**Q** 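I came across a structure with ergotamine and want to understand it better.
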Amino acid sequence: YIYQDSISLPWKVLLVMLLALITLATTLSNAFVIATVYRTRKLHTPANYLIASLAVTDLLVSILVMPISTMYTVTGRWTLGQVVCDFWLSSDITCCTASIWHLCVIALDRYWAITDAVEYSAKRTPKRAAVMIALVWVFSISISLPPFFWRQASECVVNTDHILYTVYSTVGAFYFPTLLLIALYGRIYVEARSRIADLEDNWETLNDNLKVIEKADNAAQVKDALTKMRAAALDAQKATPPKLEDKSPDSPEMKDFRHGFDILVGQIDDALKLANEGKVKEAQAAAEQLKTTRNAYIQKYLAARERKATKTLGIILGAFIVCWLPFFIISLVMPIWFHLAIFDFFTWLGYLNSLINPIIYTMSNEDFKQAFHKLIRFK
Ligand SMILES: CN1C[C@H](C(=O)N[C@]2(C)O[C@@]3(O)[C@@H]4CCCN4C(=O)[C@H](Cc4ccccc4)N3C2=O)C=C2c3cccc4[nH]cc(c34)C[C@H]21
């Protein structure tokens, strides 16, 4: 029985048009993300390479799996033969597993960057990124390779004979990566929370000590509030969590919040020199410059407190669960309920995640956002 045989001609052609536009929108949205990393020299960093390889996996899903699926989902019958069926099922398992595992490799990279910044800076290289990507693909192909027990060769479905592999495939491909992502997001969320809580205190110490220099009575009072201000600025500079946007070291970092403390420290040192010279009135007058420099970084400070990197990783985590949790839940309860339409809906729900992810990055990451605005000639 095929439930699709009951669907009318107008609803069938509309369903083909909806599915074909999702497939096309996934291909172009991921093609944009790949080209943007490739074309922009500023984006040639291991972190953006992981975005670019996630976009490559999602592009293969849109070329090897989704077009050839639209017809099978709407008609409900396989007409391409056994050989094409073998490659289609395996490219569905391999690319979707690669898609899921790219997400935790991006999270692993963000976790190490926010949790172990000094030790990781030396290890975060494009060679490291390649080795991790190869491992993801080798693990992806290894998941789809065992159901080749088809010693027998209208219907095209993956081998459901061995319950032990069926659950290993579901765990290795989904349940293990989600538990890793929850743990990874948890540590990242808590890291950023304490990093902005420290940034808030160092910012307040900077503001209050800046008030003291103005209302100072002694030279020793001026000199002390300056060294305290000096220490808080460099502490605020380390407290500020990493941005969502990743740029290569060889790129001008103007109006950057972390740079504001560098020029500010330079000014605090210039003022302490006059204080050590004996020109305290001049050292006090240097606070008028410090006041304006601080005033120019308030907007960049208030921006840091919003933790865009963890916020957007939360939206990706959220988008990943809401897209794949129904599929892998039904995938486990199916051997042990409603019709085959809910399986077709939940497969496409997982497919949709290949489109949601590149639109989340290009709306959130300002490098990808400005690249898009350039593409459609919008200012
Ligand atoms: C989205 N993609 C879809 C794809 C799939 O369901 N393909 C078929 C061809 O479509 C069905 O859903 C259809 C729809 C209506 C009736 N159907 C079935 O009765 C069986 C159910 C089934 C699900 C899982 C395992 C065995 C059988 N279907 C199929 O075999 C397998 C996936 C998968 C399975 C196992 C590990 C995995 N890692 C990544 C993935 C993946 C990607 C992931």
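Positions are given from 1 along the sequence. Indexing begins at 1, ligand by ligand and atom by atom, following the structure's order. Any value given below was found using the heavy atoms of this structure, including those in side chains, with hydrogens, waters and symmetry copies removed.
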**Q** Which ligands or chains belong to ergotamine?
**A**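 It corresponds to ligand 1.
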**Q** Help me out: which chain holds the greatest share of contacts with ergotamine, per UniProt?
**A**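 The chief chain, as UniProt names it, is 5-hydroxytryptamine receptor 1B.
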**Q** Looking at heavy atoms only, which transmembrane segments of chain A, numbered from the N terminus per UniProt, come under 4.0 Å from ergotamine?
**A** 3, 5, 6, 7
**Q** I'm curious how ergotamine sits relative to the natural ligand site. Which residues UniProt lists as binding ergotamine in chain A have a heavy atom closer than 4.0 Å to it?
**A**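 Going by heavy atoms, UniProt's ergotamine binders that qualify: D92, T97, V158.
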**Q** What would you say the binding site of ergotamine is, if we count heavy atoms under 4.0 Å?
**A**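 Within 4.0 Å on heavy atoms: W88, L89, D92, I93, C96, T97, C156, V157, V158, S169, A173, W324, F327, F328, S331, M334, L340, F343, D344, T347, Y351.
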